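Quick look at a structure containing GC376 (bound form).
Numbering of residues begins at 1 and proceeds along the displayed sequence. Heavy atoms only: backbone and side chains are in, while hydrogens, waters and symmetry mates are out. In listed order, ligands and their atoms are each counted from 1.
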Amino acid sequence: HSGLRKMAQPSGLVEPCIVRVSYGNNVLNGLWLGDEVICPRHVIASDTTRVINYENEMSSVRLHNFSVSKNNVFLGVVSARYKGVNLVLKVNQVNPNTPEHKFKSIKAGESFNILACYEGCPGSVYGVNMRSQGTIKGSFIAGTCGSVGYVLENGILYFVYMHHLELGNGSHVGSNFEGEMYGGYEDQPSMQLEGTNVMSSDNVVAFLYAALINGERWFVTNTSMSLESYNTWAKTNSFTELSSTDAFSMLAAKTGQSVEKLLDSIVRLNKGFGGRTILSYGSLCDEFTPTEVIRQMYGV
Ligand SMILES: *[C@H](O)[C@H](C[C@@H]1CCNC1=O)NC(=O)[C@H](CC(C)C)NC(=O)OCc1ccccc1
């Protein structure tokens, strides 16, 4: 009974890039790469608790009003441009600890790492999973805007997320480094709603395989459901369509349960667990990808 737990990738490369950026009373995090610092543009808003006119804020932006710092290092701001909802600051000094990196976007249902930082101090690291609506269930609180999401893929560091805001339902909204807010959300204190959650089927199947590997089998019966039939069902029950079962071959082989037996399990279990649990959860979990589960269980 090893169980199943959300893991992060190490944060070592990312920590030395974090700086503190402030403008007026606002204080948040920046990402210092080469001679550039990146942070949410709302750092410039004179009042972030009411609707913001960003065209009017930028016009009155005076560079000298920025304070960017790390340790005893105070960076000078030589210029500042919007890149979508991200503010981009050319500073007078190159970050000697800049790692080799690239930028990419995260897709619905994919996992990545958060380094959560409080006004410049990196404080925690934990894995997250992008929800259907482009949000994540982070744990962001006051001071953590500009915290950074990243993934390591074959020895290559990708920066993928910059944190911006929290929705009424406790879901969290961020941007990629092209300055597009994931899910299209605006960077405003509008009482925006997330929209309905569509659970990732691939991920829920991964999670059920993890439970089987761990010796929990109650939710498997002597019935299965074909991919096509399951997809017809998921379109009308807030689940994603499953395009292929190839992703799960290893899990199916190791557990002797076909993906199709687990599609049947989802349809039954979505109506309720009947008092029982699965890896301690009393409801379906879609936070782990198939790949995440295979590496964690087998190290492939
Ligand atoms: C920036 O650090 C901050 C992070 C929020 C604060 C608490 N949890 C978070 O994720 N972002 C904002 O304060 C943001 C500003 C833009 C909308 C211009 N406003 C916001 O997120 O309001 C929602 C909220 C605020 C305070 C507590 C709970 C939700």
Which chain is the largest contributor of contacts with GC376 (bound form, ligand 1) here, and what is it called in the PDB entry?
3C-like proteinase
UniProt domain of chain A holding most residues touching GC376 (bound form, ligand 1)
Peptidase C30
Numbered atoms and elements of GC376 (bound form, ligand 1) in range of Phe140, under 4.0 angstrom, heavy atoms:
8 (N), 10 (O)
Close-contact set for GC376 (bound form, ligand 1) against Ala142 heavy atoms, below 4.0 Å:
7 (C)
Ligand-side contact atoms (GC376 (bound form, ligand 1)) for residue partner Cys145, heavy atom cut-off under 4.0 Å
1 (C), 2 (O), 3 (C), 4 (C), 11 (N)
Evaluate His163 for polar contact with GC376 (bound form, ligand 1), using N/O atom pairs at a separation under 3.5 Å.
yes
Let's see which UniProt active-site residue of chain A is closest to GC376 (bound form, ligand 1) - and the heavy-atom distance, to the nearest 1 Å, please.
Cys145, 2 Å
Quick check: what organism does the entry name for chain A?
Porcine transmissible gastroenteritis coronavirus
What is the residue-and-atom partner of GC376 (bound form, ligand 1) in a covalent bond, if the model has one?
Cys145 SG
GC376 (bound form, ligand 1) to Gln188 polar contact by distance, N or O atoms, under 3.5 Å:
no
List every atom of GC376 (bound form, ligand 1) that sits less than 4.0 Å from any heavy atom of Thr144, numbering the atoms from 1 in the order shown and giving each element.
2 (O)
Provide the number and element of each atom of GC376 (bound form, ligand 1) under 4.0 Å from a heavy atom of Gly143.
2 (O)
Ligand-side contact atoms (GC376 (bound form, ligand 1)) for residue partner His172, heavy atom cut-off under 4.0 Å:
10 (O)
Can you find an N or O of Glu166 that's nearer than 3.5 Å to an N or O of GC376 (bound form, ligand 1)?
yes
May I ask whether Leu28 has any heavy atom positioned less than 4.0 angstrom from an atom of GC376 (bound form, ligand 1)?
no
Provide the residues lining GC376 (bound form, ligand 1) within 4.0 Å, heavy atoms only.
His42, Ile52, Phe140, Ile141, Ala142, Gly143, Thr144, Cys145, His163, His164, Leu165, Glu166, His172, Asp187, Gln188, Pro189
